[PDB]
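Proteins come first, then strands; the chains are lettered A, B, ... in the order of their sequence lines, and each starts at number 1. Order of appearance sets the numbers: ligands from 1, and atoms from 1 within every ligand.
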There are 2 protein chains.
Amino acid sequence: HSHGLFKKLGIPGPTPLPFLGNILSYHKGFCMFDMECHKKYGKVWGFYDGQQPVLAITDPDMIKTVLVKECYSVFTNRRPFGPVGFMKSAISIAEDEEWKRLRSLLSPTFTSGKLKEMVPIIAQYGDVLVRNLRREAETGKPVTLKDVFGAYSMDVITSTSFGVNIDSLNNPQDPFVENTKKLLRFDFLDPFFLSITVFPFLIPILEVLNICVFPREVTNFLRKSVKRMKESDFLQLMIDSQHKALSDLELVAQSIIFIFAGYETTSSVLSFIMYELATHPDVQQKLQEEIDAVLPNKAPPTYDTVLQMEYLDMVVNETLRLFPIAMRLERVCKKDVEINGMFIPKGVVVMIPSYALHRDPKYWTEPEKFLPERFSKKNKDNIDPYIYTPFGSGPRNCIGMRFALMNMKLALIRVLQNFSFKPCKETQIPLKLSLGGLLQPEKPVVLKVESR
Amino acid sequence: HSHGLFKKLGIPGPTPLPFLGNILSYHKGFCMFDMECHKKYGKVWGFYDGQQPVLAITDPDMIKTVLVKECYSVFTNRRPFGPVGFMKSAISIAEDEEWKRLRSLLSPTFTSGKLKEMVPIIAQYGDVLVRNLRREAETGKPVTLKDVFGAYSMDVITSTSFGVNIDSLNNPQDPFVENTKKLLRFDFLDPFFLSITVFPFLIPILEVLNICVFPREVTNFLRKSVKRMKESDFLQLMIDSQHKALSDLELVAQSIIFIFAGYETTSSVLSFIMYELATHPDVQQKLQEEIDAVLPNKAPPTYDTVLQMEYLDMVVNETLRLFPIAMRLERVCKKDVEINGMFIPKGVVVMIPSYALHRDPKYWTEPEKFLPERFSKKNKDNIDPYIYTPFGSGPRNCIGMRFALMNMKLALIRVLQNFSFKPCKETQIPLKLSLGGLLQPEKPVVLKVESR
Ligand code: HEM
Ligand code: HEM
Ligand SMILES: CN(C)C(=N)NC(=N)N
Ligand SMILES: CN(C)C(=N)NC(=N)N
């Protein structure tokens, strides 16, 4: 789509260069670029990912219309992002009707009822984490969060997905661990992804040469492994629903996409939270005290005891305001429409700048401050769920939201129950976000760990 | 080739943007861009046509080494420019050995001896031009130069190439005229050519889909027509040489490339010259008087009488200084080399900025002034043939140089012998060069024509 579009609609934005559009402006990252735009164009604005017109919108009403109201009719899909092969059938990648059919099939698989049943199995890998954390903190050495939580994230993933019970930290050898480690989030600012943003006409070329964003060796192993398992957790609940019709290949797709969506995310948010606890020892203390008041003398966490903890919730939700790892929510516009008096022409990408809104003065007091109290029950009724969107909104939000909260909360409970986390000379203060396309820390967070 | 190259060699130039390199700087045209660079970087400099490193060089010595000395060993070829199909065999497109073989075969076809024989046949279409010029100036109407000279250029081309004698102006119907009209110079700043400069990886794709810069319908007509002619001028002289071996397809290639190279060029320089004569009526007069002193009372021009005319030559050569329609000379570097102490790495494009040098103060007094006197025999020994290069230099210069001068000179003699050319209200004063990639006037030159 040519570069006249936003002039002809009369929408402000940075003047695009030929071929590139505004990509060079990503040298700061999606996160800063989005702020600067909000700051200087106001409430609504447009830019070009190559030839692709992207309309940022920041009106809570409009957001709700896009994310909630017209989701089924107009704004159903995310923007295509690269050669995906069979993963076109993964719920997060799938489109229109085929997506609605898959969302319906998998919805009951993420019931609180089912979650409740998985708690005992997630709980088990708190004990494991604790154990691994004991040894390596008892050494006196500064721990690397990403590897500690990564190993935990996958421990909870392999076990809740495939029933395969492993100690990821003490089994790097295991074939099943080697592969799921490579299932990382894509950095859409790296050279591969920038290129196909500027050469989208290359996606079909790549499709045909069998090249795929989901590495073939990993996808092969997991399909051929689900092949065996099926011959004799999430796998099961899916097997059990066999429009309607979850098919064979559709099932492996989901299995894989649940790993993709949950692994580096969970472990990534967990890191950010421990960083905030270590740099705010008062918040750390207050939580450690709430946990003891509910689970006295290292009592094991449970579904209900987890949902009892206001301060925990406050800390988790406050960390997500600052570090909304999705950064943006997007939908592609299926047809010409008028939303809250605004004309959106077919093919444009509607983008909601979650990270920017999460840090907008209009909604937030001292937005840069880690301040769990914003989420206290007697002072959160003024938080707009269309401004605060770490899991998106509407029929296409994070299907694994409640699973990811519970899982994280179980990590933190066991970890804080046994330990305290502290600053160091390598600990970067304050934290500085990476310049690429993932919301991660520039240098992976290292902290000191002690036995309580 | 990445954008580190000229930093790592320590050569100055404009900082390239990613993917584009310096192409946006072409919004002024090759002509201004080259000046500004010379003006601000000095004698030698580098820029990037997309990912393609281009080394401009302006030292007469270096130029001579590139264009003359190392031509056969290092700098033999021009830069590839697009899908060419069978025209890869045209002498101007052909490479290395295959080029040297074709240059050798066609050299004797451009002897002054052969030229001499074609004079009577070119001469004939002076009479024709005159005739067409009589009528349409006798109307009192302002004449369009490009159509007057275009029609003449092709009249001289069809007849010296294929023996086909036509009145192009009064035969637009003729199949043979319809096609050769479309054989225009390529504008390497237009969208097609800019794209394949930034997507050179697209040339092979285009080759395979049979798409070609030389339009297929025109190339088809000329091949199938040379097909017949051969069954029963330049065609003949080529037929007669049937390494060695001019082949069938190689022959049609040349036939076509001679049309391509001579048609819009000749007519384009001719326009520029009449513009200068009309805006400098003294120079016009002085020439009209030289012509009469050699060819008294409209006597018909001949080879020797044409070569007698110092002032004519002076006017033709002076107009070419200002309007060197090639603009640049280029060679691709076959291997790493050191030329006059300068390291040129393999694959770089050596570019000589003819138009810029033609207007460099260091060599030229009041460079913007149309001043035929710079070329007078008693004041031209200080003109460096490596600064003044309207036909390039060395073994790969314009093979049709002497033909094009003679042909032009025969146009001008007959035209000035019968007429005078004058300014008008539509005549742009002074002339402003186009912003694209051909050195042509922005608005096609219109002048008034009278009977002497
Ligand atoms: C803290 C961890 C997590 C965060 C912050 C997170 C956030 C998000 C966000 C922002 C979206 C996009 C929603 C939208 O477009 O409006 C999303 C989609 C999704 N998430 Fe998560 N997520 C996390 C963990 C998980 C986990 C554990 C799963 C487990 C299966 C999961 C599965 C998905 C799926 C399948 C989608 C796509 C839904 C669809 O297209 O219908 N996520 N997530
Ligand atoms: C005023 C008219 C003309 C001008 C200014 C002109 C100028 C040039 C220039 C600058 C080159 C490039 C030389 C180099 O790379 O160093 C060239 C090449 C060439 N010209 Fe012309 N030319 C004109 C008319 C003609 C005519 C009538 C022919 C007739 C056949 C012709 C045939 C060629 C050919 C074949 C080449 C390529 C030579 C090779 O690659 O070996 N030109 N011309
Ligand atoms: C969870 N997945 C796979 C996404 N759709 N990506 C995202 N925006 N979080
Ligand atoms: C005559 N031809 C075809 C060229 N090589 N182009 C040019 N630079 N004048």
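At ligand 3 one finds the drug metformin. Going by contact count, the macromolecule most engaged with metformin (ligand 3) is what UniProt calls Cytochrome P450 3A4.
Other chains near metformin (ligand 3) (heavy atoms under 4.0 Å), by letter: A. Ligand-side atoms of metformin (ligand 3) in range of A/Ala261: 1 (C), range being under 4.0 angstrom from any heavy atom.
Taxonomically, the PDB assigns the source of chain A to Homo sapiens. Under a 4.0 Å criterion applied to the non-hydrogen atoms of A/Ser92, metformin (ligand 3) contributes the atoms 3 (C). Nearest protein heavy-atom neighbour of atom 8 (N) of metformin (ligand 3): A/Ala326 CB, 4.1 Å. Filtering the residues that UniProt lists as binding heme in chain A by heavy-atom distance under 4.0 Å from metformin (ligand 3) yields no residue.
Ranked by closest heavy atom to atom 2 (N) of metformin (ligand 3), the top entry among A/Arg185, A/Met327, A/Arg396, A/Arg328 is A/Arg185. Here is the list of metformin (ligand 3) atoms found below 4.0 Å of a heavy atom in A/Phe260: 3 (C). Within 4.0 Å of metformin (ligand 3), judged by non-hydrogen atoms, the site holds A/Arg78, A/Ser92, A/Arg185, A/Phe260, A/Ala261.
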Need the list: metformin (ligand 3) N/O atoms against protein N/O atoms, distance under 3.5 Å, rounded to one decimal.
| from | atom 1 | to | atom 2 | distance (Å) |
| --- | --- | --- | --- | --- |
| metformin (ligand 3) | 2 (N) | A/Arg185 | NH2 | 3.1 |
| metformin (ligand 3) | 6 (N) | A/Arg185 | NH2 | 2.9 |
| metformin (ligand 3) | 9 (N) | A/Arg185 | NH2 | 3.0 |

